[PDB]
Novice: 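Just downloaded a structure that has cyclothiazide in it.
The chains are labelled alphabetically, A first, in the order the sequence lines are listed. Using the PDB entry numbers, chain A covers 10-500, in order. Throughout, chain B uses the PDB entry numbering, with the displayed residues spanning 60-157 in order. Since chain C takes its numbers from the PDB entry, the residues it shows come out as 207-255. Readers should note that the entry appears only in part, and the reported contacts come from within that part. We count ligands from 1, going down the list as the structure has it; atoms in each ligand are counted the same way.
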Amino acid sequence: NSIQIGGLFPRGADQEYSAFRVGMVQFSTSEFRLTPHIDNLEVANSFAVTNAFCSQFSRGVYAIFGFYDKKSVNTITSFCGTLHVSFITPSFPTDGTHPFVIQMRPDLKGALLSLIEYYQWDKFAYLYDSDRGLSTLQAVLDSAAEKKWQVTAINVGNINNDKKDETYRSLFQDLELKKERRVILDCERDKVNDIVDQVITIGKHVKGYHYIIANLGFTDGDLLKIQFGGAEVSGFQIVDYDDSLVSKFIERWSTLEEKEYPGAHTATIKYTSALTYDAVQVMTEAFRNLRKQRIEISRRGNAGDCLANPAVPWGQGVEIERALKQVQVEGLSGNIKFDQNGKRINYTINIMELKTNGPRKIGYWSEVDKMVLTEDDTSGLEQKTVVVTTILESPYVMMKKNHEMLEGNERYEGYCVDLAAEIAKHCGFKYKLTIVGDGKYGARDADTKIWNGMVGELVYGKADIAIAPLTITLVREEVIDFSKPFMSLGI
Amino acid sequence: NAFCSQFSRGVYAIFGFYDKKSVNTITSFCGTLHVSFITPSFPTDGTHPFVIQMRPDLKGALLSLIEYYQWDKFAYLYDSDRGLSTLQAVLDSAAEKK
Amino acid sequence: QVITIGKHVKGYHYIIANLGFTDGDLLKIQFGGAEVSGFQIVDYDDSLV
Ligand SMILES: NS(=O)(=O)c1cc2c(cc1Cl)N[C@H]([C@H]1C[C@H]3C=C[C@@H]1C3)NS2(=O)=O
């Protein structure tokens, strides 16, 4: 059953079309085959989108797969909601709940709100690009108003190429006026690779700055530039290279010839191509389940003008979309589920931070569950809160009256408490205030030399330091050491 | 449907309104078919040919009025259906005039 | 390698000990913030030059 479909592809989406050609024969042919008529045409001109859509409807196909631009989303929704033709896409998700659209890209916005709330920012800059749309820009301003944030949002996308070396210099020097430190980028990969190079030229990647990339292929762009900088760069991934089928596709993908499939003989892959691959899995699961339920899709006639007045559609496409919304397989993004509208739920997004060795994950974020860090505590050097022993003596070390409600190093008060804070301020270490157990100053035992008290805590390696009323004698210098004396007294 | 029907009718000059969702469809037909279109609707953003528009721009006057009232901190309630060009405009002057 | 590891901000200061100071690349650290001085024996302003 070679079933007629239609495909829309931009002039330059060569990696994506090659991944579609791979996924075409990656799994098929125990059954029905596909008849893809490919349209390597533009996406900006909605008249061209109209011509291609009426051409493929003149063909009379059952389903159309491809991309759309923000100047075409209204046209695609307006034709598909009329003519009941199910349309599937990997592009940016739509704003309104529209029928007959399945969209392969998950949400980013709740993830990005989770990331900002995890880092606990208050004031930042937001460089956005207009031509991807403004839904995230609308979403962050509401929570910025509620969560008392201070956003300086800046449009950057309409800047031409021929002034594109000094516009960024004026832009970041205006950011130097408020002395910005925290930048969220929201662009395509080309604008990211343009803006990272201009940052690394004007010298803004030292320790102190902090960058969040709002894309899905965090490692799909260049990261060898600002890897060794000093700035810290975080982003998101939906394609995790650790997994079994992922690494299988990596080995399958690397061994292909570049000449037959352009952009294929690399290690990594674009997330757009990954979703294009999973789209074939969904689309074949559809016609699989319709032969499971044995429902015939016989058109039984020709199609005609797309301008038919009034045009009348066929509701077996409604049943096609109904069976599309029930597809649940595993793919490169993980599990998939759909809503009542065609939007994706049941996804998982990995949080990816850049380190010196390279990228690494620190946690995941689900469709309902918030940010769960994976407890990756590779911090090998923790400055230990050192052991400070003392004893209760007025006014050297005294209890407070409200010690149960307070905690720890706040509970004690006196001369020695004030002194130890000065020592730790001058020396930069961490400390915890402890008490000697046996309640003594300490002397040695007869015939066994067992120093008890505050002496043996330092002799026997128990306590680390002792700021306390201790008297320099002759018999104490042999086992512990003393500084210069700080307060004189007598019997 | 209406535009294809009237160009099949052989219209010499097209006039009518548009919302935020059909603006690309009409400018994409008119740039190809070279038909003069006239409108009282909201003005566009990019310089498109064959579109005459009677509604004047606003953003310069509104920025001048904010500078005259001498403000620093305010709220801004918007609707999306007329477009978001003014919202994109006032944020840049917010970035400049702090 | 300096411009990769990020040592050309305002504060650092470099002296090139050569004769063709402009014969090498200077578009890299021109906009940095560091200050770079050197020597020339071939002056492009002159007539025969
Ligand atoms: N007047 S006092 O007892 O509180 C007192 C006693 C002393 C102080 C400082 C004070 Cl405020 N520092 C001295 C040190 C300073 C120098 C000279 C000896 C030691 C080094 N030791 S000390 O003689 O023990």
Novice: What is the full set of ligands or chains that belong to cyclothiazide?
Specialist: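 Check ligand 1.
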Novice: Mind checking which chain cyclothiazide touches most? I'd like its name from UniProt.
Specialist: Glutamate receptor 2
Novice: At a 4.0 Å heavy-atom threshold, what other chains are in contact with cyclothiazide?
Specialist: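 Based on heavy atoms, that gives A.
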